Amino acid sequence: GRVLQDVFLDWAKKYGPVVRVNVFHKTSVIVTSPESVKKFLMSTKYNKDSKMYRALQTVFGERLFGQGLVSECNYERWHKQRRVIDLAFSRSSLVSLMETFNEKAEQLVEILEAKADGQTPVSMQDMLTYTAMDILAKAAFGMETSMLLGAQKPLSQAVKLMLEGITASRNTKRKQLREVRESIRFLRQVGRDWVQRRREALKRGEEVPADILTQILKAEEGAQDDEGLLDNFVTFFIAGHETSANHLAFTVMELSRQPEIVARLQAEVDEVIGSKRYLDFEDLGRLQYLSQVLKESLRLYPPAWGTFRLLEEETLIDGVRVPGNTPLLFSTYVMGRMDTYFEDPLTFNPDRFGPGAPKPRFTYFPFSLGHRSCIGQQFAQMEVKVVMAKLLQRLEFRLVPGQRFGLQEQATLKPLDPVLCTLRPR
Ligand code: HEM
Ligand SMILES: C[C@@](O)(CS(=O)(=O)c1ccc(F)cc1)C(=O)Nc1ccc(C#N)c(C(F)(F)F)c1
């Protein structure tokens, strides 16, 4: 259960802060000094490398993320979508999402409580993925997928294959090619239909609370076809649930072998929310220790391990001449595991993020940094606190003997094993 990132870690440690590599069968330079991270990520002068993102824009010759918000590299084209889409992420937009967050988390916990007999194995990876998908579908596009309740099996199956498609396409077979193409076309069709269903409600003068769909449509205002829209549809559908689910899955997985931390987490949910059923916005800020545990989870287990920038002009980086036209790779996974940046890096220790501790300085970036940072950071941090808070209040988890703690790389990092647990009530 090692990943290509673990090899980059070995080389960063051994060959220093500037290392030429092969990723996606392409030359790049991995750059792992905090000073280089600041200089390149913190300036609008450096932009994403279209070359490295082509594997999201299209897969197996089927259009996927296209020139959506993640995969668009040109600053001006990106800046135009971002300025608009940003509105759906205001403090007030996010406050409004609390209900969706509580509703899905509650439904999750209820489903789990029904299986909490200590004998039924439950894939926490699958359940968390269904939750995150149901949350995203509702919060972003105003649709109920009810995957938690067994619905939309074809859609979840389509996301699954598509993800494996992204996995096979850039790294490594007859049916897979067909399945993946079909899955990508199904996803884009799903988006067609949900855009239509929104348009027809609007056509009949119905009222629509501003959301992500509202701003994606709005950014597509004046285009002859809606292919840009479906790009942004698939972008958010995927990016707005997969990393959250992976992050939750890693956190649950790790906590199963951290009883003392669970005890403090439990003690904390009690003090701040009690046995209350609904979490208020202001409740989130007070779950400070849960916050540290999630931060520490992202340090060791970042679903999105890093990012690429195009270095346009030959530049000196930490004493090494790097030629112009070179993709720079930045890895929060790598830096998180280097003892030069984090003491005893392999130890899961949430006190690293405790009150009074200096904040890691450009050595930790699970949502990236600068202008290309994650638009959904706060959205994500909120949903996962809501979900974990409810789990911690009501349930205890035990990993099914034989479950491993390792990682795998699909389109993101996620647990190698499905996180099979048996459940008991707290
Ligand atoms: C804990 C979960 C999350 C983490 C770890 C996370 C991680 C990241 C990272 C590292 C970036 C940079 C990608 C790159 O440079 O190529 C990114 C991009 C972004 N993610 Fe997130 N993300 C998560 C949750 C969310 C959610 C919930 C949303 C949507 C609701 C979302 C939407 C976005 C989008 C659209 C981008 C592109 C931003 C831009 O270039 O303007 N993510 N995410
Ligand atoms: C194809 C690849 O899986 C591989 S990668 O190793 O070149 C890579 C991983 C993570 C990155 F942030 C950037 C690149 C990939 O680009 N995945 C990727 C990148 C960003 C995002 C975001 N946001 C996602 C996500 F699935 F949408 F979350 C996947």
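We number chain A the way the PDB entry does; in order, the residues shown are 57-228, 236-489. Both backbone and side-chain heavy atoms feed into the values below; hydrogens, waters and symmetry mates do not. Counting starts at 1 for both ligands and their atoms, following the listed order.
Drug at ligand 2 (options ACT-709478, SNS-314, S-bicalutamide, GSK-1292263): S-bicalutamide.
Most heavy-atom contacts to S-bicalutamide: the chain the PDB entry names Cholesterol 24-hydroxylase. With a heavy-atom cut-off of 4.0 Å, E472 touches S-bicalutamide through its side chain alone.
In terms of polar-atom proximity, defined here as any N/O pair under 3.5 Å, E305 makes no such contact with S-bicalutamide. Numbered from 1 in the order shown, with element, the atoms of S-bicalutamide that lie under 4.0 Å from a heavy atom of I222 read 1 (C). The PDB lists the organism for chain A as Homo sapiens.
Protein heavy atom at the shortest distance from atom 26 (F) of S-bicalutamide is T475 CG2, 3.6 Å. Among all non-hydrogen protein atoms, the one lying nearest atom 17 (N) of S-bicalutamide is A474 O, 2.9 Å. Contacts between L60 and S-bicalutamide below 4.0 angstrom, taking non-hydrogen atoms only, are absent altogether. For atom 19 (C) of S-bicalutamide, the closest heavy atom belonging to the protein is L112 CD1, 3.7 Å.
Heavy-atom contacts of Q473 reach the following atoms of S-bicalutamide: 3 (O) (cutoff under 4.0 Å).
Less than 4.0 Å from S-bicalutamide, one finds the following other ligands and ions: ligand 1 (protoporphyrin IX containing FE).
Atom 1 (C) of S-bicalutamide has as its closest protein heavy atom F80 CZ, 3.2 Å. Atom 13 (C) of S-bicalutamide has as its closest protein heavy atom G369 O, 3.7 Å.
The shell of residues around S-bicalutamide (heavy atoms under 4.0 Å) is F80, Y109, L112, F121, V126, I222, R226, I301, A302, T306, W368, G369, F371, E472, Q473, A474, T475.
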